[PDB]
Q: 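So that we are looking at the same thing, I have put the structure below in structure tokens.
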Amino acid sequence: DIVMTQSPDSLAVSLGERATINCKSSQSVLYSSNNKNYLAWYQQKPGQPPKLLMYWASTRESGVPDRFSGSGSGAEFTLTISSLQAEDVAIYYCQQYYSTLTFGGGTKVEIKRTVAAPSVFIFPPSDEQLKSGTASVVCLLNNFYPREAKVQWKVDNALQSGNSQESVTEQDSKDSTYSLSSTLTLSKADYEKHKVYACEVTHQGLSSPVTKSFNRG
Amino acid sequence: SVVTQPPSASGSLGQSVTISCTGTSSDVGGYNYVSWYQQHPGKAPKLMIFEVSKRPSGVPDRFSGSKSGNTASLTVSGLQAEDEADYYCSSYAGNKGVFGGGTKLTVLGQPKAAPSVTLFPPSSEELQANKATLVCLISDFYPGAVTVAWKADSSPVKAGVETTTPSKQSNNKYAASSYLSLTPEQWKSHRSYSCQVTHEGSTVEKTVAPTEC
Amino acid sequence: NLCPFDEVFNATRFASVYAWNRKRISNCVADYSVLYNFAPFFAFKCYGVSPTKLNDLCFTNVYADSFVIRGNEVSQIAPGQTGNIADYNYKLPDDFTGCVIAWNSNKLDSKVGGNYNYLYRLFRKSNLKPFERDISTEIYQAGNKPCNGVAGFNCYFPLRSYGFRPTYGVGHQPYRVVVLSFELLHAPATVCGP
Amino acid sequence: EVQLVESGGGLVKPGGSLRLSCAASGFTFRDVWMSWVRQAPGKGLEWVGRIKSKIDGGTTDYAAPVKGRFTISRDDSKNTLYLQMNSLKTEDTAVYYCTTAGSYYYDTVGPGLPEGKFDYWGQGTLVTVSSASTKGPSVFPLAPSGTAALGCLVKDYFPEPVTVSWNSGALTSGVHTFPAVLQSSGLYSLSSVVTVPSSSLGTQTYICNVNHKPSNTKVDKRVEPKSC
Amino acid sequence: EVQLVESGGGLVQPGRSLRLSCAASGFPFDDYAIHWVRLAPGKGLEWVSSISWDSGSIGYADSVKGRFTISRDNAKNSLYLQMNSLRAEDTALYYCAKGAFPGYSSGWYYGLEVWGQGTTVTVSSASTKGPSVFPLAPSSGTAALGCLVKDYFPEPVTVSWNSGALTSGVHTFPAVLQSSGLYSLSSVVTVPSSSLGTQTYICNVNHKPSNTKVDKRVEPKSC
């Protein structure tokens, strides 16, 4: 069919800056019989369905701001946002309808922001859980930016490895911040072989590394 | 019939202007095939609007067509100096078209332009055919109004004087020409002839003499 | 055994006028209940033939032709009524002994993004013969240079779109049309519905 | 309003068969060219198929990868769309949306749009094609100790994901339902932490509502500050 | 390019007949329907006649009814207008024009895209008169020189310089109505002063009305 292509894949600009997306088609979606382009643009925020922005390559959907504006014709289309807003963070897809439906590769749009130091919290294992015989120690890093962070577990000052798993959030629609969760899964046995369970966070927002930590007592 | 269309219209530089065009219910009110044509001096007509309000390729959006009953209207926004031209509407009427009377648009606010006078004495070849002609040629002036006065020595002559009405050039300006006819005897008699070209209160007198040959 | 008039008038999709549709009606009683067929049509006019209970008559065939054009051009569908549509998008005979009906379709054919399904044959070399049709979709090499099957400079496609939008006024609002041709050949008449 | 509700996604064995069902309401269903569009985790949208309006023929079109393995259906009297899926693969694991996308450019519907628009998408059900087994999630508190924080640790479950609603979803102070990490055993653990102020800890009962309908686990866990 | 150029016109005694020709070039004229439209001095545009490609549809205008006769040779890419029983009112400039697309009435619907530059038709009982051309010399940092086309009828004359090679600085003036009902025109070119000893300048006058061409050599006056 038609190989919808997008470039770039990832994109990040400051608030109120020019955000620029593109589309390339293996065929022409310009139909000569009416002189219309059979192309659309779709906004999709994580966890939600896509929302139509643009159709006929130019025409906005009811209520979409003039911020968004799709242009081009034939096989080299483009959608530019005049000034990027916090909520504008999303992945966008250029779907042509000329031949059935074929969507683009996708372009992720993100906000650049002033550095944001993370608020950190350790949660020790749960009594309920310990009965079951497992230990899960959590570390939270709500509201942090940029995304790149390093989180080390250290037990009685022991650099840990192989037992951690992380989940970064999506850039908060408003705050345009990230949050992380590092979960340290140990067995009750090992959890009891040690006393102090600490989580060390290296980030740009922190002058020198911050640690939160707990004592089983 | 002939289609009612005001002879003249006007608008300042950068402003707008509408050119009405009133026909019958068998043409303007009969079909929506109303066209508008722009014609500059000494050139063929150009299609500016078709189908009432649609513009051909390469025609500015400034120009905008419309209609209301048997009355079509052409509006020209962001008026430029070059817009100063004649305009006629056209219409289908059953195996035949019809035009309007036409409207000559004058664009105001165009800056003043001083005139440039070039006077030529009689050529000996002409003189050798018992004839004499002095050739004053105005150009590059705006507005179009100009007075031309000739004078033999100090004393003006109003015979043999022929003068254009200023026409418009590619400079979007005007261009007049006065020709004073004389006998060869008159030419050599007076010690000079002159061409006064009066434009907007300022004047240019150029002078020529048989001594100059 | 009444004629299938409901299929013709209350069809979901009507045809583009350039490829105007034609539904044969034969072997059925054409009882005309237009006076109370539950639809206030914009207008109605029977050319040559008359609607005053002439149903009594028996016709050989009835070719019902359907399409959509702009209000402005509703008149073009008439004998001697020259114009785009007449000259390039279907035409009637001067001796048209038949009725024609049409109505506003803004709430049937006007689409938010514009309606481009309906196409009007813009240009054509010769005028169309009565009840002739052309679905030619070839580029015209107006240019002294070829087109290579593409549209561009002096290289034109033979169709265009009405781009119907509700914002538009009566003039450029979609208007659907149905035509009633009454055929009477040597074959026995198959439709009367007296 | 108008709404498109997909139902019948879940776990199905490789080579197995599954019937998806889209219940539509609000708009003139029978006039629209309904389609299925799927999305694998992290991967982009991919069109699956289309059914045209039965007045426009009722033609079906399918994409290259699902060509002749899927079968689209329609019931205009019930206003419901179906997708019959057969010889399923691990490639087919994705969330399937039913949509009116690609319709309005061809369909026969006019200007009377329900809410002034035409392009509508459903929430879409998740089809997991694995030979693995189901598993219910464990719910453990992430207890609090200015503005503090607390959450719920959903742990060990299959397949993903779980519906975590903080205090009947009313609580939205700092709700962070991070996606559940795939465990070595194929299980899933997330930490839905909701940062809330200190003072507030006194009151404001924090009962996250975790639902996991594959296993049909409904859990309301109340998160209380520990006494130590 | 698509190019219509009209020829076949001039002075003609009132009540006589004359035949004009529109030469087509750069399009399938044999499909396109063509029209005659005329522009009478002072007055505006007026439709004359319309011929279908096949020559099977021809409307004439009320004014020229049963007087003019349109025709065409598709093979030779030519349109013709036979004008008989001519009157003063006919006296005009005669344009040939086509519609962008090919239709008899399409031209009216979507406008007339292409027009020729026209051929001028004068229905006067007056006599033809060929011009007297005379050099307007300079005296040897630019110089104005020209020549004087004088006492001719009817319009127009054309002036080119150095066999049309000298193009810039050229301004052929509009002509006066000689009191005798003739015309007097002046072409003037501006050239470098340095070139008056090197270059030789010749103006190329042509009054086809008269069938009278003139090349006048303009050179610095001796003193």
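Convention: sequence-line order gives letters A, B, ...; per-chain numbering from 1. According to its header, the structure was obtained by X-ray crystallography, 3.3 Å. No hydrogens, no waters, no symmetry mates; every other heavy atom, side chains included, goes into these values.
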Q: Hey, quick one: which of CR6261, REGN3470, AZD3152 is sitting at chains B and E?
A: AZD3152
Q: Just wondering what drug sits at chains A and D.
A: AZD1061
Q: Give, per the PDB entry, the macromolecule that holds AZD3152 (chains B and E) with the most contacts.
A: Spike protein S1
Q: Write down the other chains that contact AZD3152 (chains B and E) with heavy atoms under 4.5 Å.
A: C
Q: Tell me which UniProt domain of chain C holds most of the residues that touch AZD3152 (chains B and E).
A: BetaCoV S1-CTD
Q: Would you happen to know which chain of AZD3152 (chains B and E) leads in heavy-atom pairs under 4.5 Å with chain C?
A: chain E
Q: Looking at this entry, which organism is chain C from?
A: Severe acute respiratory syndrome coronavirus 2
Q: What set of residues of chain C lies within 4.5 Å of AZD3152 (chains B and E) when only non-hydrogen atoms count?
A: C:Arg70, C:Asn72, C:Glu73, C:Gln76, C:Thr82, C:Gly83, C:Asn84, C:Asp87, C:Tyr88, C:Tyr120, C:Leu122, C:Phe123, C:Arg124, C:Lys125, C:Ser126, C:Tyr140, C:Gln141, C:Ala142, C:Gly143, C:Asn144, C:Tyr156
Q: So, which residues of AZD3152 (chains B and E) reach chain C? I'd go with heavy-atom distances under 4.5 Å.
A: B:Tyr31, B:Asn32, B:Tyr33, B:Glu51, B:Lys54, B:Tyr92, B:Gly94, E:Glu1, E:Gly26, E:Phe27, E:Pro28, E:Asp31, E:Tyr32, E:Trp53, E:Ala100, E:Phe101, E:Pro102, E:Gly103, E:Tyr104, E:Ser105, E:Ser106, E:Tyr109, E:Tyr110
Q: Tell me, what does this PDB entry call chain B?
A: AZD3152 light chain
